[PDB]
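So, a structure with zopolrestat in it.
Positions are given from 1 along the sequence. The way this entry was determined, per its header, is X-ray crystallography, 1.8 Å. Order of appearance sets the numbers: ligands from 1, and atoms from 1 within every ligand.
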Amino acid sequence: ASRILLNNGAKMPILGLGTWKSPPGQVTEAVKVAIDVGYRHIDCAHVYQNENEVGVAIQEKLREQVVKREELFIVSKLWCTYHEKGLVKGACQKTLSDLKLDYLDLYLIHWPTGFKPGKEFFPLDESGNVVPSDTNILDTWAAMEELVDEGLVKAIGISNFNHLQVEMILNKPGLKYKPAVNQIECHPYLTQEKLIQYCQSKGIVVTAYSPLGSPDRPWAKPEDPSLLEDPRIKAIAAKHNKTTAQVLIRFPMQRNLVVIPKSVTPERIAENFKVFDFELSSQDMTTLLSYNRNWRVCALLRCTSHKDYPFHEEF
Ligand SMILES: NC(=O)c1ccc[n+]([C@@H]2O[C@H](COP(=O)([O-])OP(=O)(O)OC[C@H]3O[C@@H](n4cnc5c(N)ncnc54)[C@H](OP(=O)(O)O)[C@@H]3O)[C@@H](O)[C@H]2O)c1
Ligand SMILES: O=C(O)Cc1nn(Cc2nc3cc(C(F)(F)F)ccc3s2)c(=O)c2ccccc12
């Protein structure tokens with residue numbers, strides 16, 4: 001099926017379009033094409049600095065009556081320099097105004113770590129360490145709950161939270177809404193069995209990011225593994241008469257995950273949605289799972305000293 005039921009009683013499309021690194025002069029086209037081609041979920045964030053252009057696309061397709069707003073599932077994230085209680089609603093409203101929406105279907109705390117507020121997204125000290133904010137995840141979550149109670153967002157969630165930080169929220173005193181989603185990195189080199197089982201056992205839907213290994217990540221290094229070029233993954237693809245990306249997108253779908261491949265290439269945007277007509281076998285799934293290397297696209301090492309840095313813990 002195309003959607004998964006969230007614990008807020010809404011349905012989330014299991015395939016969405018990613019927008020991190022999508023250039024502001026190509027992302028309007030990319031989102032139009034995606035909607036034309038069937039996508040109903042767009043993954044956004046203020047920190048991606050292109051929400052305005054994404055919004056233009058959404059608006060035009062609504063205007064054109066290609067889609068209705070209820071059919072869309074639009075997701076954004078609160079950036080780290082806005083975890084202070086007084087900053088969350090305006091952060092959300094900026095996103096709404098940029099995307100030209102009057103509500104978000106899902107709004108996530110982008111990272112468990114709060115940073116010092118200001119103009120700077122990664123405020124640094126004279127040793128290039130990120131400057132923390134004294135906020136904690138629990139008060140931040142309480143501020144996300146108010147957005148639900150004010151009608152600005154239909155559901156709230158988390159991203160890059162480890163199982164202990166998920167547990168902190170579920171066990172938060174006076175918790176009012178549980179997280180609907182945990183959005184984490186997940187692909188055959190970072191399979192996440194443990195964190196995924198934890199979350200699903202609690203009725204928290206997991207969204208897999210960087211499902212293709214983020215080949216356009218800005219810090220790519222030569223000896224880094226490459227999913228797209230992995231001969232073993234290519235062989236499974238060939239066996240199924242599909243592309244490697246198709247296998248890499250279909251792979252988290254069969255784990256009951258949501259997946260958001262990024263592309264600005266219209267041929268790829270199309271290709272990437274054509275993943276509902278074939279099935280990986282259990283052997284394929286276990287074989288893909290066997291490629292785990294605990295390799296992360298996204299683990300910015302200048303945050304390692306943050307108290308809430310999520311990746312020291314095993315899972
Ligand atoms: N929560 C967070 O912390 C977080 C972190 C990272 C990512 N995310 C989200 O997850 C989305 C996906 O992750 P990602 O952007 O890191 O990377 P990704 O989706 O794994 O890979 C995107 C790269 O793959 C290429 N590509 C797309 N389809 C392809 C295909 N069929 N064949 C060959 N290459 C293809 C794209 O090229 P072109 O664009 O040139 O076609 C781009 O260079 C992001 O865009 C963002 O929405 C969230
Ligand atoms: O975030 C995006 O979606 C993609 C993303 N990932 N990363 C790697 C990161 N690693 C982190 C680690 C922590 C930490 F929690 F661990 F402290 C906190 C924050 C980050 S950002 C980036 O540095 C980044 C920079 C600009 C725009 C998007 C991103």
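Location of zopolrestat, all copies: ligand 2. Of all chains here, the one making more contacts with zopolrestat (ligand 2) than any other appears in the PDB entry as Aldose reductase.
UniProt lists residues of chain A as binding substrate; of these, a heavy atom under 4.0 Å from zopolrestat (ligand 2) occurs in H110. Interface of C298 with zopolrestat (ligand 2), defined as ligand atoms under 4.0 Å from a residue heavy atom, comprises 6 (N). Heavy-atom separations between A45 and zopolrestat (ligand 2) are all 4.0 Å or longer. Considering backbone and side-chain atoms together, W20 places no N or O closer than 3.5 Å to any N or O of zopolrestat (ligand 2). Zopolrestat (ligand 2) has no atom lying under 4.0 Å from any heavy atom of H306.
Contacts of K77 with zopolrestat (ligand 2), taken as heavy-atom pairs under 4.0 Å, are absent altogether. Between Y209 and zopolrestat (ligand 2) there is no heavy-atom distance shorter than 4.0 Å. Taking a cut-off of under 4.0 Å to the non-hydrogen atoms of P310, the atoms of zopolrestat (ligand 2) that pass are 14 (C), 15 (F), 16 (F). When non-hydrogen atoms are compared, zopolrestat (ligand 2) lies under 4.0 Å from neither the backbone nor the side chain of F161. Residue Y309 places no N or O, backbone or side chain, under 3.5 Å from any N or O of zopolrestat (ligand 2). By minimum heavy-atom distance to 1 Å, the UniProt active-site residue of chain A closest to zopolrestat (ligand 2) is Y48, 3 Å. In chain A, zopolrestat (ligand 2) lies within 4.0 Å of these UniProt NADP(+)-binding residues, judged by heavy atoms: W219. Counting heavy atoms under 4.0 Å from zopolrestat (ligand 2), residue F311 does not touch it at all. Closest to atom 7 (N) of zopolrestat (ligand 2), if we only count protein heavy atoms, is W219 CH2, 3.7 Å. The deposit credits the origin of chain A to Homo sapiens. Only the side chain of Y48 comes within contact range of zopolrestat (ligand 2), with a heavy atom under 4.0 Å; no backbone atom does. Checking only distances, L300 does come within under 3.5 Å of zopolrestat (ligand 2), N or O to N or O. Close contacts between zopolrestat (ligand 2) and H110 involve ligand atoms 1 (O), 2 (C), 3 (O) [criterion: under 4.0 Å to a heavy atom].
Lab note: binding site of zopolrestat (ligand 2), heavy atoms under 4.0 Å, is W20, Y48, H110, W111, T113, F122, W219, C298, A299, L300, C303, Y309, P310.
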